[PDB]
Novice: 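Drug: tadalafil | Macromolecule: cGMP-specific 3',5'-cyclic phosphodiesterase.
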Amino acid sequence: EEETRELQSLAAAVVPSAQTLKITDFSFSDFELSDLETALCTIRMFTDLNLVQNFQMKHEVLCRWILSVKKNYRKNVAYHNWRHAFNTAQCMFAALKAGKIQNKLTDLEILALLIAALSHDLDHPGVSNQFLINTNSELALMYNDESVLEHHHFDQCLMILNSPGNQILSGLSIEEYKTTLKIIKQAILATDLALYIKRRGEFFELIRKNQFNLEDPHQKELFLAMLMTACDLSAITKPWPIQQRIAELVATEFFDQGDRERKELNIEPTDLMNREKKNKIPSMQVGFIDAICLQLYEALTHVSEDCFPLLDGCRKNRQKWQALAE
Ligand SMILES: CN1CC(=O)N2[C@H](c3ccc4c(c3)OCO4)c3[nH]c4ccccc4c3C[C@@H]2C1=O
Ligand SMILES: [Mg+2]
Ligand SMILES: [Zn+2]
């Protein structure tokens with residue numbers, strides 16, 4: 001059996017230190033890592049956030065859950081595959097550690113954020129919410145056209161958490177378990193960019209008006225949503241060669257969707273999904289950075305100055321894309 005060898009290899013491995021694995025670095029790249037090494041990095045994230053000890057996760061179970069999460073990404077989807085989920089979780093770990101966010105959060109919040117980061121795009125089909133709506137997908141019907149994909153990712157997350165041998169939350173008390181699942185749902189839903197756009201104004205205004213207070217539960221929840229977005233988008237902050245390579249993957253995925261829209265919907269794709277108009281990429285990247293990314297990384301730096309490297313990297317990529325666009 002093939003998946004058994006994977007598990008036995010993972011569970012038998014000594015997990016290298018976070019220092020060795022370079023996972024505290026906001027500039028981290030996964031490109032040179034094997035799948036087994038990404039799994040070992042994930043075990044280290046749970047370990048160094050004190051989650052294994054605290055919640056008494058059995059090693060074999062954590063290993064199985066990680067491998068189940070990885071298997072439930074679609075490997076041939078160009079961008080939304082396990083490496084994107086892994087990178088998102090690594091950004092979350094770096095923000096908590098290097099970015100000094102950890103001590104602002106509870107143990108349950110940290111547990112939920114890590115699980116959510118890893119699970120937030122599970123079973124992604126490589127097409128957008130709008131595409132699912134337009135092709136009358138049953139998922140869109142079930143979820144009333146609202147955060148369609150994200151509902152599905154959450155459903156998948158729960159399925160894996162409940163699967164025999166994978167129950168990494170089986171040790172929590174009833175009140176802790178309830179609380180954790182609620183946070184996970186909110187965290188995964190927050191990764192719908194439409195929800196980020198809807199809610200970010202309140203976050204930015206709280207900050208601007210000197211009203212931001214993490215002791216307020218509603219504001220804590222809002223902050224967690226923003227932090228999820230920040231991690232989900234973090235490829236846009238990476239050193240140029242890394243960001244360029246990842247941007248090519250996203251383009252491949254999006255252009256694939258446009259091809260499907262021409263065939264299935266008989267419509268010209270929007271520029272973002274139109275390979276015929278790939279000349280628009282630089283200008284679209286600048287526009288995305290300016291409209292969606294910069295304000296978020298600026299706000300995050302306001303919350304914790306040690307998150308500044310995300311903003312610095314974002315600004316550097318803006319400059320590089322704009323040099324291409326102009
Ligand atoms: C909805 N939406 C809008 C959008 O404009 N983008 C960007 C982008 C910009 C220009 C592009 C592009 C993606 O693909 C084709 O040309 C963009 N740039 C990245 C760099 C790295 C990783 C993901 C992205 C995305 C993802 C992101 C997105 O999800
Ligand atoms: Mg998503
Ligand atoms: Zn994502």
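For the single chain, residues carry numbers from 1 onward in sequence order. For ligands, and for the atoms within them, numbers begin at 1 and follow the listed sequence.
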Novice: So, tadalafil - where exactly in the structure, counting duplicates?
Specialist: ligand 1
Novice: Identify the binding-site residues of tadalafil using a heavy-atom cut-off of 4.0 Å.
Specialist: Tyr79, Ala235, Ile236, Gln243, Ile246, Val250, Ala251, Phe254, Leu272, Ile281, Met284, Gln285, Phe288
Novice: Tell me the protein heavy atom at minimum distance from atom 22 (C) of tadalafil, and give that distance in Å.
Specialist: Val250 CG2, 3.5 Å
Novice: Going by distance only, is there an N or O of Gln285 that falls short of 3.5 Å from an N or O of tadalafil?
Specialist: yes
Novice: Which tadalafil atoms, with their elements, are less than 4.0 angstrom from a heavy-atom of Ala235?
Specialist: 21 (C), 22 (C)
Novice: Name the UniProt active-site residue of chain A nearest to tadalafil and give the heavy-atom distance to 1 Å.
Specialist: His80, 6 Å
Novice: Among protein heavy atoms, which lies nearest atom 4 (C) of tadalafil, and at what distance?
Specialist: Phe288 CD1, 3.4 Å
Novice: Which Mg(2+)-binding residues that UniProt annotates in chain A are found with a heavy atom under 4.0 Å from tadalafil?
Specialist: none
Novice: Give the residue, atom name and distance (to 0.1 Å) of the protein heavy atom nearest atom 16 (O) of tadalafil.
Specialist: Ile281 CG1, 3.4 Å
Novice: Starting from atom 12 (C) of tadalafil, what is the nearest protein heavy atom, named by residue and atom, and what distance separates them?
Specialist: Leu272 CD1, 3.6 Å
Novice: Which residues carry both labels: UniProt 3',5'-cyclic GMP-binding in chain A, and heavy atom within 4.0 Å of tadalafil?
Specialist: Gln285
Novice: At what distance is the nearest protein heavy atom to atom 20 (C) of tadalafil, and which residue and atom is it?
Specialist: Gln243 NE2, 3.5 Å
Novice: Among all protein heavy atoms, pick the one closest to atom 28 (C) of tadalafil and tell me residue, atom and distance.
Specialist: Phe254 CZ, 3.8 Å
Novice: Most of the contacts with tadalafil on chain A come from which UniProt domain?
Specialist: PDEase
